[PDB]
**Student:** 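Sharing a structure here in structure tokens format.
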Amino acid sequence: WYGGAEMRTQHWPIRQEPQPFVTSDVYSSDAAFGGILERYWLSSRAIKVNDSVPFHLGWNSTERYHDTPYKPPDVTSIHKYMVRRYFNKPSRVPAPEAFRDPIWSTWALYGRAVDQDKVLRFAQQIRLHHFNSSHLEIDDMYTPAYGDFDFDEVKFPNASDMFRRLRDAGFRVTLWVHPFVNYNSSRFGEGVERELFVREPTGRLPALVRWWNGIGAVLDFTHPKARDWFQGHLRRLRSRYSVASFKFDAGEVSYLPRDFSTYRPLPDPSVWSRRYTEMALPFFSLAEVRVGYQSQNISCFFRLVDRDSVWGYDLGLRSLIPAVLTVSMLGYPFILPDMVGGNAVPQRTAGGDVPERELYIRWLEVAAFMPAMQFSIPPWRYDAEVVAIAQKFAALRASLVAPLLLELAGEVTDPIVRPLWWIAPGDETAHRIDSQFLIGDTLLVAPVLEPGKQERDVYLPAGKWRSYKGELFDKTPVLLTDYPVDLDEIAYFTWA
Amino acid sequence: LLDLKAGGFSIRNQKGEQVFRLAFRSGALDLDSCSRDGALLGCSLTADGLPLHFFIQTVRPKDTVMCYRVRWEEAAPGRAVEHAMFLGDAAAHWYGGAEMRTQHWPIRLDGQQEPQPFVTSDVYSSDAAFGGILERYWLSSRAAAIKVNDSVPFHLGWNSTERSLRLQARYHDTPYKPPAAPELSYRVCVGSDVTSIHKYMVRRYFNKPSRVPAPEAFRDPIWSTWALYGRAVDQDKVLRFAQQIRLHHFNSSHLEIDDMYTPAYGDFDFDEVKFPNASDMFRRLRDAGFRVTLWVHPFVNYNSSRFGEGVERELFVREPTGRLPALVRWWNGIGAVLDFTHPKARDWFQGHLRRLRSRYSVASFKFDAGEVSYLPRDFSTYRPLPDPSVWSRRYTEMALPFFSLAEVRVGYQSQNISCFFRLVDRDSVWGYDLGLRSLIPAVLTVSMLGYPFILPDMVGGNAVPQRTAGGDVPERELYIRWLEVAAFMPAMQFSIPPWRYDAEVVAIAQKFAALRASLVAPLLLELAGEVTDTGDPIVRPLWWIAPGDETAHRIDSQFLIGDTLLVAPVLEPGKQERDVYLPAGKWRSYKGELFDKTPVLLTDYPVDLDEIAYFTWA
Ligand SMILES: *[C@@H]1O[C@H](CO[C@@H]2O[C@@H](C)[C@@H](O)[C@@H](O)[C@@H]2O)[C@@H](O[C@@H]2O[C@H](CO)[C@@H](O)[C@H](O)[C@H]2NC(C)=O)[C@H](O)[C@H]1NC(C)=O
Ligand SMILES: *[C@@H]1O[C@H](CO)[C@@H](O[C@@H]2O[C@H](CO)[C@@H](O)[C@H](O)[C@H]2NC(C)=O)[C@H](O)[C@H]1NC(C)=O
Ligand SMILES: *[C@@H]1O[C@H](CO)[C@@H](O[C@@H]2O[C@H](CO)[C@@H](O)[C@H](O)[C@H]2NC(C)=O)[C@H](O)[C@H]1NC(C)=O
Ligand SMILES: *[C@@H]1O[C@H](CO)[C@@H](O)[C@H](O)[C@H]1NC(C)=O
Ligand SMILES: *[C@@H]1O[C@H](CO)[C@@H](O)[C@H](O)[C@H]1NC(C)=O
Ligand SMILES: *[C@@H]1O[C@H](CO)[C@@H](O)[C@H](O)[C@H]1NC(C)=O
Ligand SMILES: *[C@@H]1O[C@H](CO)[C@@H](O)[C@H](O)[C@H]1NC(C)=O
Ligand SMILES: *[C@@H]1O[C@H](CO)[C@@H](O)[C@H](O)[C@H]1NC(C)=O
Ligand SMILES: OC[C@H]1NC[C@H](O)[C@@H](O)[C@H]1O
Ligand SMILES: OC[C@H]1NC[C@H](O)[C@@H](O)[C@H]1O
């Protein structure tokens, strides 16, 4: 079975007392449901839970309105029927360069301590190592307090000159934003007085929340005034600095209080997540969100919740294909699998400071074949061979992958990243495979996802496949055993 | 002496009068389930066949007092318990309960009220809610009294058609949490006379203050900036006020600087714009012989420099999950409220009070708010409060280190806190709706509940627009008549001063200050010292010395100071006389007239604008 929710430990196929099926931050929890989910499950043997339901999901591996935020008021053919019936499609395609050039993020590289000096040094190193850039994403924290939209003049003494130097060096820029106003923000009082925040149950006062950056209120995206207000500050940041778009962080209702009031009543709390994702709409072309609750027709990128610099299915390298396939199934084609190499969080890093070298390389390779590719910890943090491998995969993405992604993106208005069973719906091996995927119907990808491996088994389904080296495999289906894939290579095959 | 039927019970006294009558209103007993073992009558199910823990236990604590312990405890959640207590015929008068907005003596409750939580509320704007000072205690002129048990999730309503109080236990739609199944339980006691049974009940249930406030608080006028200047108080205005107090030759217990002297609500430091040299102001006030108290409150607004400090040190009342501060609205805006159950929040509050005394030799503090009507519906505290109003108690405890010149405006078992208790803001009107005619009822009500050191708010009221007979300030006759009755109360507080009017008003105030100093103050100090022993109030109703006298039971325009000084102020406009009731015994007027043909109603007894009628026991 396939579908349901993005999870912390993501298996494909899918593989707990029923808890609310609501948008949560699953970074620290293997119980909760991730920021992107639909009440939709698909079987390899060829269900849509009704939107009305105060829906709670549990599970029992042995056989395979109270205490809740809910208030009362062949396999390919059937999947395509269900997708067409229930999921709206994006009507627009993001910027073409987002499907070709690497995105560069300050977050994993610098953390909160990002600076004017560090942004410009990052951009210079991107140019010196001869990489294109879709855009540069300035993350947490570039403001004096969480809720202020203006740049902190201590860390950014001449924002204008930074943006001018970045523009002159051919860099598009996106800015990190979020739905919170902390109590020590210069905008908190403004928000209390204009009644822009999510309220306690009686609906008279703001309700305080805790998120990873502290304590404040959360904007009510059901309130026209709160939306106009949020949008106004985004438009001011574009006007002042020619910023292209925004990374929309949080959006999960796990950051809203248990019981809460909104301008419009939300019998389904997760519709708050939807209303937040709608803030991406005016800047969709280079926007990203990390939640999706009927957010499919928002034509921006959808980011997997923070990946850890580990190998395993627990937000690591082996989670990428399951997570991307899961999200693709739910009608979100424009997927960004977070950061190449992961976020390098201490105690959650195979390595110490940064991901071990082999992990960075293997990740880079699989990320080069995904709809959008984002570096933070850059190739030149390692050595010249890693830079060269990244240059090779940038070139290969530009010439082979990007043109195919752009065609499939235009077509969507089906997913872009497809499971093997998409073209082989009757094939039980294709049903189980988690280490391979398709881009459209014609490009099959088999990355190495383990350390100390210069080969792997590659399953080819029925029909004819041409390897990158030009080998024609037409005695299919077949398992190619110990197929050579050196550290600096990926196995891919084209339809023929 | 108790008749138990399926639908309620009645109690008689030894003379065979019905002194208590109560209807069961959430069910009936199945009497066949009842049995008597000696003094205990227990019943095990209702007339619908639902299981019940019901008993009446008779207790004879003294030769002259019969009590009845009553429990009605339902089997499970879902089932609110209601008993309707009938007040009875027109000869039965009742006293106690709560300070209310419209305060009558004896108790009169108009219209219909579904039982609402018996919790400390701000009744300035509401004739429904229960005021800042209340006890679950009602007293009858027929010498019966009821104390509702402290355990009860107690809700009080009333029904004027049958003249009943609606006593209710419930756990749905209420700030009451069960201690970590509804139960209505109470004791009814019967005595020989209303004074005897009241003194039995007071001695059993109410703690006494162990200390007396500063002697001068019982003699000299208190001067408040609030009604005179409002929020816009400043350094110039405080010193000008103090100079005028001295020039018009008035003593001062202390000067009370009210709202607002800080840059934000939650900051303890003085605002340097309005008070450019606080130190020099306090030095000039000290040199001119002025003790000073400062207005404080339990709130920290979101734009206070101390708000972040309070979030981080977790000093505030939390939302139900107990993780984050809960925001509240009060009349000065939006912030958090300090958790006075938290040792750290108390140390913190106290620290800032001690710093204000150390820095400025401030004497004490006026502790504003304290009502749980300013706490959120559902809320968490460091120690759990199954009874939310215990928060009010915990707040009043902040007065303890500075009791001598402290005032609070709430009391929830706060009796043994030996500070003054202020009536909630009086309006500059004549009527029972927080006006002149409310003073005697409100003071008598609070005195009955074990709070002897009463401050009846501000002479002339607070002069709020839309709520002032006069316009800008109270009409002249109202100010004078109020001044006169306030001169006979345990503490007297001016804000709008006599010289706002004319020289005749100043002279009247000087006369009443002199009369308070020489006649009233010496008697107040003796009775205040006596409370600590007797538990008896300072301001007493006429029936205190005349418990069998039905006229004394009904009088709301007269009161006693102790047993020996009877006071009859004029409480109406255009009157230079009033009827004065003297109970049995001998009474000597201020002019020396001996009345010994008593009881008597003295009709059209002369009391000019600048006079009060008083009589001494002879
Ligand atoms: C006005 O106050 C004076 C002075 O009060 C005395 O000193 C104060 C600092 C304080 O400690 C008071 O408690 C003192 O009594 C009053 O004059 C005194 O009156 C009392 C009795 O009330 C008498 O025993 C004292 O001997 C007097 N002391 C002096 C210095 O004269 C005066 O009574 C007050 N006037 C009014 C109208 O209250
Ligand atoms: C207030 O008390 C009155 C008097 O007991 C109630 O009115 C009576 O209600 C009963 C209900 O069964 C009627 O059968 C009586 O005949 C009524 N008599 C009169 C004169 O009204 C009234 O219901 C109570 N009000 C509330 C709000 O509970
Ligand atoms: C002052 O009055 C308070 C309020 O009644 C007393 O507090 C109670 O004391 C008992 C026994 O110490 C405790 O078990 C209760 O929990 C207290 N109640 C509350 C609400 O705090 C206090 O004991 C009195 N102190 C003195 C010295 O009389
Ligand atoms: C701002 O608020 C956060 C919590 O919301 C707190 O940790 C931090 O100390 C505050 N910063 C300042 C400048 O006060
Ligand atoms: C960089 O961008 C240019 C301009 O659009 C494009 O022709 C080229 O393919 C890109 N370079 C790489 C390495 O993909
Ligand atoms: C009153 O409450 C006490 C203490 O909770 C309880 O034990 C007692 O028995 C109650 N009295 C009645 C008459 O129910
Ligand atoms: C706090 O908010 C109130 C209400 O708007 C405002 O009048 C006051 O000046 C504010 N105080 C500070 C110091 O921010
Ligand atoms: C207040 O007055 C005294 C005496 O004039 C002076 O020495 C002190 O520094 C002044 N302080 C301020 C706050 O102006
Ligand atoms: O605090 C920054 C951090 N927050 C969580 C996001 O998922 C990350 O990409 C990054 O924006
Ligand atoms: O804001 C101050 C105001 N608040 C309510 C009090 O009861 C008044 O005396 C006065 O202190």
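Chains get letters A, B, ... in whatever order the sequence lines come in. In order, the residues displayed for chain A correspond to 185-199, 204-234, 237-254, 262-270, 288-627, 631-713 in the PDB entry numbering, which applies throughout. Throughout, chain B uses the PDB entry numbering, with the displayed residues spanning 92-271, 276-713 in order. Values below: every heavy atom of this structure, side chains too, minus hydrogens, waters and symmetry copies. Start at 1 and go down the list; that is how both ligands and their atoms are numbered.
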**Student:** Which listed candidate (D-amphetamine, PF-06840003, 1-deoxygalactonojirimycin, S-pomalidomide) is the molecule at ligand 9?
**Tutor:**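 That would be 1-deoxygalactonojirimycin.
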**Student:** Out of curiosity, which chain makes more contacts with 1-deoxygalactonojirimycin (ligand 9) than the others? Name from the PDB entry, please.
**Tutor:**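 The largest share of contacts goes to Myogenesis-regulating glycosidase.
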**Student:** At a 4.0 Å heavy-atom threshold, what other chains are in contact with 1-deoxygalactonojirimycin (ligand 9)?
**Tutor:**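 Heavy-atom neighbours of 1-deoxygalactonojirimycin (ligand 9): A.
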**Student:** Quick one: what's in the binding site of 1-deoxygalactonojirimycin (ligand 9) at 4.0 Å, using heavy-atom distances?
**Tutor:**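 At that heavy-atom cut-off, the site is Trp321(A), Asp353(A), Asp354(A), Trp390(A), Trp426(A), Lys461(A), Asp463(A), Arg504(A), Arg517(A), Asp520(A).
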**Student:** Below 3.5 angstrom, do we get any N/O pair linking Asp552(A) and 1-deoxygalactonojirimycin (ligand 9)?
**Tutor:**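 N/O-N/O distance under 3.5 Å: no.
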**Student:** Relative to the heavy atoms of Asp354(A), which atoms of 1-deoxygalactonojirimycin (ligand 9) are at a distance of less than 4.0 Å?
**Tutor:**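 Listed by number with element: 1 (O), 2 (C).
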**Student:** What residue, among UniProt active-site positions in chain A, has the smallest non-hydrogen distance to 1-deoxygalactonojirimycin (ligand 9), and what is that distance rounded to 1 Å?
**Tutor:**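 Nearest UniProt active-site residue in chain A (heavy-atom): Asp463(A), 3 Å.
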**Student:** Which of the numbered atoms in 1-deoxygalactonojirimycin (ligand 9) are under 4.0 angstrom from any heavy atom belonging to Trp390(A)?
**Tutor:**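 Near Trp390(A), the atoms of 1-deoxygalactonojirimycin (ligand 9) are 2 (C), 11 (O).
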**Student:** Looking only at protein heavy atoms, identify the closest one to atom 7 (O) of 1-deoxygalactonojirimycin (ligand 9) and say how far it is in Å.
**Tutor:**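 Checked against all protein heavy atoms, atom 7 (O) of 1-deoxygalactonojirimycin (ligand 9) sits closest to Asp520(A) OD1, 2.3 Å.
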**Student:** Taking both backbone and side-chain atoms of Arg504(A), is any N or O found less than 3.5 Å from an N or O belonging to 1-deoxygalactonojirimycin (ligand 9)?
**Tutor:**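 Yes; the residue has a nitrogen or oxygen that sits under 3.5 Å from a nitrogen or oxygen of the ligand.
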**Student:** To the nearest 0.1 Å, how far is atom 2 (C) of 1-deoxygalactonojirimycin (ligand 9) from its closest protein heavy atom, and which atom is that?
**Tutor:**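 Of the protein heavy atoms, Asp353(A) OD1, 3.2 Å lies nearest.
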**Student:** Look at atom 4 (N) of 1-deoxygalactonojirimycin (ligand 9) and say which protein heavy atom is nearest, naming residue and atom and giving the distance to 0.1 Å.
**Tutor:**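 It is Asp463(A) OD2, 2.6 Å.
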**Student:** In the protein, which heavy atom is nearest to atom 9 (O) of 1-deoxygalactonojirimycin (ligand 9), and how far is it?
**Tutor:**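 Of the protein heavy atoms, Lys461(A) NZ, 2.3 Å lies nearest.
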